[PDB]
Amino acid sequence: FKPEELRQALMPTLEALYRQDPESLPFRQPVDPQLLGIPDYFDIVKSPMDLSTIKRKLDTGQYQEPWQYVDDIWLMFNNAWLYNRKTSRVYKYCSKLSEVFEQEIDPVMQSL
Ligand SMILES: CO[C@H]1CC[C@H](n2c([C@@H]3CCCC(=O)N3c3ccc(F)c(F)c3)nc3cc(-c4c(C)noc4C)ccc32)CC1
Ligand code: NI
Ligand code: NI
Ligand code: NI
Ligand code: NI
Ligand code: NI
Ligand code: NI
């Protein structure tokens, strides 16, 4: 896997997430527990992940192969499904992003 060519295949699936409005809005920056006043967040969520961090990882070439990228995307989703209640807007928005992601990523993984 050449990093620039891998980035060209993976990045459209990240943009597809960012395009989701409002559903990507809680995911575009790292969760800020001090601003949101949720001091238990880093207790429950051991490994934070968000779209901005995944973008930087993609841009800088830290994904050697596509399943590490998939793994971080799902970590983002999984953190929010763990921390947030099923009835909450963030949780529902998370499920929406995951639905978009599976639609986007499956053709890309098969082409890779
Ligand atoms: C500047 O952009 C705004 C900042 C406030 C944000 N916000 C909000 C605000 C505050 C409360 C009321 C509300 O409805 N919010 C909100 C706002 C926009 C959304 F798209 C959304 F789904 C929820 N709640 C957030 C929750 C989380 C979160 C994630 C992801 N994982 O664990 C937690 C906790 C992250 C952000 C939240 C939503 C986007
Ligand atoms: Ni593009
Ligand atoms: Ni939408
Ligand atoms: Ni390499
Ligand atoms: Ni993982
Ligand atoms: Ni598409
Ligand atoms: Ni699938």
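Start at 1 with the first residue, then count along the sequence. Computed from heavy atoms alone, side chains included, the values below leave out hydrogens, waters and symmetry copies. Counting starts at 1 for both ligands and their atoms, following the listed order. Going by what the header records, the deposited coordinates were determined by X-ray crystallography, 2.1 Å.
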inobrodib, montelukast, rocuronium, nelfinavir, exarafenib - which at ligand 1: inobrodib
Chief binding partner for inobrodib by contacts (from UniProt): Histone acetyltransferase p300
From the candidates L97, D32, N84, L35, the one that places a heavy atom nearest atom 31 (N) of inobrodib: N84
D50, portion touching inobrodib at heavy-atom distance under 4.0 Å: neither
Majority UniProt domain at inobrodib interface, chain A: Bromo
Nearest neighbour of atom 8 (C) of inobrodib from the list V45, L36, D21, on a heavy-atom basis: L36
Neighbouring ligands and ions of inobrodib, cut-off 4.0 Å: none
Heavy-atom nearest option to atom 16 (C) of inobrodib, drawn from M49, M76, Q29, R89: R89
Contact bool for atom 26 (C) of inobrodib (protein heavy atom, d < 4.0 Å): yes
Protein heavy atom under 4.0 Å of atom 21 (C) of inobrodib: yes
Atom 24 (N) of inobrodib - nearest protein heavy atom and its distance: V90 CG2, 4.0 Å
Within reach of inobrodib, part of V31 (heavy-atom separation under 4.0 Å): side chain
Entry-listed organism of chain A: Homo sapiens
Site residues for inobrodib, heavy atoms < 4.0 Å: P22, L25, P26, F27, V31, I38, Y41, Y83, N84, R89, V90, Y93
